[PDB]
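Ribosyldihydronicotinamide dehydrogenase [quinone] in complex with crenolanib.
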There are 2 protein chains.
Amino acid sequence: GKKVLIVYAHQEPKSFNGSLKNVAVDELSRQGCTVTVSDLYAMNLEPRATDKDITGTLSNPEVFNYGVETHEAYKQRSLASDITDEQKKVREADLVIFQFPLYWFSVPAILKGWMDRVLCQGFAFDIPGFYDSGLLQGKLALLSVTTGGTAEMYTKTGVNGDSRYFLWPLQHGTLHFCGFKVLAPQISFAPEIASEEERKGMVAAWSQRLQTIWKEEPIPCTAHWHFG
Amino acid sequence: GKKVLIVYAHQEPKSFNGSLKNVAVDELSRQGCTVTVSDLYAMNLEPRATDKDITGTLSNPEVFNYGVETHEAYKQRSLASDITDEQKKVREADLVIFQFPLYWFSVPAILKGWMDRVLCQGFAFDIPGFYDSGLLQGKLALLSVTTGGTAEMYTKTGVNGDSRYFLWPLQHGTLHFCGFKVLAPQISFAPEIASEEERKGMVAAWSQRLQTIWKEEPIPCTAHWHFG
Ligand SMILES: Cc1cc2nc3c(=O)[nH]c(=O)nc-3n(C[C@H](O)[C@H](O)[C@H](O)COP(=O)(O)OP(=O)(O)OC[C@H]3O[C@@H](n4cnc5c(N)ncnc54)[C@H](O)[C@@H]3O)c2cc1C
Ligand SMILES: Cc1cc2nc3c(=O)[nH]c(=O)nc-3n(C[C@H](O)[C@H](O)[C@H](O)COP(=O)(O)OP(=O)(O)OC[C@H]3O[C@@H](n4cnc5c(N)ncnc54)[C@H](O)[C@@H]3O)c2cc1C
Ligand SMILES: CC1(COc2ccc3c(c2)ncn3-c2ccc3cccc(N4CCC(N)CC4)c3n2)COC1
Ligand SMILES: CC1(COc2ccc3c(c2)ncn3-c2ccc3cccc(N4CCC(N)CC4)c3n2)COC1
Ligand SMILES: [Zn+2]
Ligand SMILES: [Zn+2]
């Protein structure tokens, strides 16, 4: 069998993002996959990296060190329940799909917070123990991104540069760092200015792609892919 | 006269980041600059983009569109006061310094949320009115970033690749997009493994740089600079 986690970051269920998430649930479920959705806004996910992320502290340390404390907390199974619930979903997933609108050439802050807090030292990677040696090796990940800008704007000659450029910290610095193999991104450009028919086509294209997702080869998640 | 805003994202006042922020306040204050610090964790800054960002009644209360609602709220002077307070500090600043530890090759989520929520359409940019025509034109911005990884790890052939690569979404996609001129980044590598005196040297180097900050030329914030 195959298990899929969709990490979804949009406020509005009727949005284009919400439609992309729903068609992924519907297609993957039809195939007989196990599917789970983390709807970050609906969960009111905490994005801040704070001492609340470590449970069971009787007396605060004089000096708070988020990196040291969360690494230790992971090993002691004393992370906050929201984090460990997400970690269980990741641990079990064969494929993690991130569904989000592009915000400032990156993920919305609530999703950045999921990355910062969930993908902790000892769980997702170790030092050393990263990139191909990351702890989530054997899993796949995919970014499904929507944009304001058109595909042409996101070319090397366009004002926003190649779309691949902004993908580097996400695909490579985050997903590959943790040991994921990365499937090619699904970028749905400029739905807001698209016709109704074009919008429906972008949704259908995603659904169609998912029919054969388990047959895809990952990208070579290298500097050449992103910048060459 | 000159006005400086430091947008600071670290949980711990005794941290290396805290020392870099404090030396910036000390040196810029000595020069006679007006200095303000936004201590995001101390302020418990909201990172999530939600309908709480608009005060009062929404334009469309049935289907929530963050971009539309915040642009209209900006125009109607109906944004939440945390956002408007930040916008006043930015509007008045000649230089905005971001002081943060690198988190997943980007800003911590709390700082990402500052960018997402404060730099709204109508305030920071318009369409048209972006890149060099952005609404924060005539201002400078600087990233002062600390890392886990060493300088060697941040070369083209190093394990994490060139540091410039992941600066793109921040420098270009955010700061240049809003009209800032970008000063060369201050990257303080691997303080945690440095000796005490090496750390003191990195703090002194930052203070020294600030002495002559107003004499610096911006970088050419191009794809070529980041990836060539
Ligand atoms: C803080 C912030 C930062 C941003 N930064 C960037 C950036 O760096 N770069 C960039 O390019 N953009 C940026 N944007 C723009 C943002 O990426 C886009 O607005 C977003 O991707 C649009 O997706 P959506 O789901 O919100 O669209 P929606 O407005 O929800 O969708 C568009 C239309 O599709 C309709 N729709 C929904 N489902 C379907 C369906 N099944 N079939 C047909 N139509 C359907 C909706 O009803 C709607 O009319 C930013 C936006 C914000 C708020
Ligand atoms: C979620 C997360 C994601 C991360 N992602 C990345 C990543 O993508 N890439 C990467 O390279 N790193 C990453 N890191 C590592 C992170 O960037 C570093 O741990 C951080 O930059 C270290 O800065 P600090 O201020 O926390 O250090 P500290 O631990 O505060 O500094 C070291 C020491 O300096 C001391 N000190 C303070 N002031 C002074 C002074 N004036 N003189 C001398 N010593 C002083 C302190 O007391 C402390 O003992 C990540 C960390 C986390 C938690
Ligand atoms: C020119 C066209 C539109 O291209 C675009 C739009 C947004 C683009 C873009 C290219 N590159 C970047 N951003 C950004 C960047 C930051 C934003 C911070 C807040 C809000 C934004 N949005 C909200 C939605 C609104 N419709 C546009 C501004 C933002 N957008 C119309 O077809 C392409
Ligand atoms: C090998 C050396 C250390 O290099 C490094 C460290 C972290 C590096 C790195 C190079 N590239 C990336 N990251 C990351 C990435 C994500 C992280 C998500 C959560 C926590 C992290 N930190 C917390 C602090 C801890 N000391 C290290 C892991 C993270 N770090 C020791 O001198 C260089
Ligand atoms: Zn990679
Ligand atoms: Zn630029």
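Read the sequence lines top to bottom; their chains are A, B, and onward. Heads up, chain A uses the PDB entry numbers, so what you see runs 2-229. Residue numbering in chain B adheres to the PDB entry, whereby the residues present occupy positions 2-229 in order. Start at 1 and go down the list; that is how both ligands and their atoms are numbered. How was it done? The header gives X-ray crystallography, 1.4 Å.
- Within this structure, crenolanib can be identified as ligands 3 and 4.
- Other chains having non-hydrogen atoms less than 4.0 Å from crenolanib (ligand 4): A, B.
- Residue contacts with crenolanib (ligand 4) for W105(B) involve side-chain atoms from C-beta outward but no N, CA, C or O (heavy atoms, distance under 4.0 Å).
- Geometrically, crenolanib (ligand 4) and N161(B) share a nitrogen or oxygen pair separated by less than 3.5 Å.
- Of all the atoms in crenolanib (ligand 4), the ones that sit under 4.0 Å from a non-hydrogen atom of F106(B) are 11 (N), 12 (C).
- Checked against UniProt, none of the substrate-binding residues of chain B turns out to have a heavy atom under 4.0 Å from crenolanib (ligand 4).
- Filtering the residues that UniProt lists as binding FAD in chain B by heavy-atom distance under 4.0 Å from crenolanib (ligand 4) yields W105(B), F106(B), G149(B), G150(B).
- The PDB entry identifies the source organism of chain B as Homo sapiens.
- The nearest heavy-atom contact from the protein to atom 1 (C) of crenolanib (ligand 4) is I128(A) CG2, 3.8 Å.
- Site of crenolanib (ligand 4) with heavy atoms closer than 4.0 Å: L120(A), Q122(A), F126(A), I128(A), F178(A), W105(B), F106(B), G149(B), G150(B), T151(B), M154(B), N161(B), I194(B).
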